[PDB]
K.L.:
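In this model we see mivebresib bound to Bromodomain-containing protein 2.
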There are 2 protein chains.
Amino acid sequence: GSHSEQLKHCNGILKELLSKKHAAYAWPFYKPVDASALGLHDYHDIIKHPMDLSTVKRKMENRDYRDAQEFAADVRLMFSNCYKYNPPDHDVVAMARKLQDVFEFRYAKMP
Amino acid sequence: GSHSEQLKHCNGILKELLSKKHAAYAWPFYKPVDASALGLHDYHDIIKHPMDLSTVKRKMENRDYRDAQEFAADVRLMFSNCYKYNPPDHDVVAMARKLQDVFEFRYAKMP
Ligand SMILES: CCS(=O)(=O)Nc1ccc(Oc2ccc(F)cc2F)c(-c2cn(C)c(=O)c3[nH]ccc23)c1
Ligand SMILES: CCS(=O)(=O)Nc1ccc(Oc2ccc(F)cc2F)c(-c2cn(C)c(=O)c3[nH]ccc23)c1
């Protein structure tokens, strides 16, 4: 129920999402989506603001998050990016869901 | 794009969350959490802002959502209260995630 200890909580969420525990679904989000390499046609038109956990990690370490709601919007932006671009039956879409399940729960248990 | 079209889409989201299709996990969220009746100790302590689909439905019928974000914020709040109050291995937590999956996806597919 404070900023400095809430941001601590979000750091906690970040570490969990990046831990070896969640590696088998989390791995597409470790780094910025490489649209060229993966052949994602029009990825940069369809997707206004890219976001991944490495970006989130950086703003966290440089202390660029002013509050928790902001952390949240970036994390959800990252998943929404995935859901927007991809067909519902896409493998990565299932993976976004499983990681987001982890996100939403620990985020709900915030002070 | 603009608020009018977005909200139309949001209502269609709501409709889907209320349809028969999702009924076997959706049903806990149809109405406000009756803390008394379910014997949820301290629910109103723990949960500052109750939210359910009837409250969302009402605001939509009444045109009380100014933009799509405001719809998202209520629907996520409804899920968040669930994950906040309950233990992780609660049936209702499992049902929330299954419905949220339907929310997050179709919401990401907004024009
Ligand atoms: C670490 C960033 S990376 O770019 O360097 N590597 C990378 C590698 C595989 C990926 O996808 C798959 C994942 C899991 C599978 F089982 C199959 C996949 F194809 C994606 C990926 C990410 N996201 C957010 C998408 O929306 C998306 N759409 C289409 C691909 C993707 C990114
Ligand atoms: C809609 C009017 S109602 O709200 O009054 N009815 C109602 C009935 C059952 C419920 O839960 C169950 C779920 C799945 C089962 F298999 C068994 C259950 F009992 C909940 C329920 C809701 N929510 C948001 C919670 O956070 C929560 N925590 C503990 C219970 C709940 C609410």
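Sequence lines set the chain letters: A, B, ... in the order given, protein chains first and strands last, and positions in each chain run from 1. Determined via X-ray crystallography, 2.4 Å. These numbers come from the heavy atoms of this one structure, side chains and all, not from hydrogens, waters or symmetry mates. Atoms within each ligand, like the ligands themselves, are counted from 1 in listed order.
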K.L.:
I'm mapping contacts for mivebresib (ligand 1). Which other chains have a heavy atom under 4.0 Å?
P.N.:
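The other chains with a heavy atom that near are A.
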K.L.:
Which residues lie closer than 4.0 Å to mivebresib (ligand 1) by heavy-atom distance?
P.N.:
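The heavy-atom cut-off picks out A/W27, A/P28, A/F29, A/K31, A/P32, A/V33, A/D34, A/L38, A/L40, A/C82, A/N86, A/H90, A/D91, A/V92, A/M95.
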K.L.:
Can you sort out which atoms of mivebresib (ligand 1) are near A/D91, meaning under 4.0 Å from one of its heavy atoms?
P.N.:
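Answer for mivebresib (ligand 1): 15 (C), 16 (F), 17 (C).
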K.L.:
Using a 4.0 Å cutoff against the non-hydrogen atoms of A/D34, which atoms of mivebresib (ligand 1) qualify?
P.N.:
4 (O)
K.L.:
What source organism does the PDB entry list for chain A?
P.N.:
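According to the entry, Homo sapiens.
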K.L.:
A/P32 heavy atoms, cut-off 4.0 Å: which mivebresib (ligand 1) atoms fall inside?
P.N.:
2 (C), 4 (O)
K.L.:
Just which atoms of mivebresib (ligand 1) are under 4.0 Å from any heavy atom in A/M95?
P.N.:
14 (C), 16 (F)
K.L.:
Please identify which atoms of mivebresib (ligand 1) are closer than 4.0 Å to at least one heavy atom of A/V33.
P.N.:
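Heavy-atom distances to A/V33 below 4.0 Å select 4 (O), 22 (C), 23 (N), 24 (C).
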K.L.:
Which atoms of mivebresib (ligand 1) sit under 4.0 Å from any heavy atom of A/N86?
P.N.:
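Per the distance check, 25 (C), 26 (O), 27 (C), 28 (N), 29 (C).
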K.L.:
For mivebresib (ligand 1), what is the UniProt domain of chain A harbouring most contacting residues?
P.N.:
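The answer is the UniProt domain Bromo 2.
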K.L.:
Under a 4.0 angstrom heavy-atom cut-off, which atoms of mivebresib (ligand 1) come close to A/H90?
P.N.:
19 (F), 29 (C)
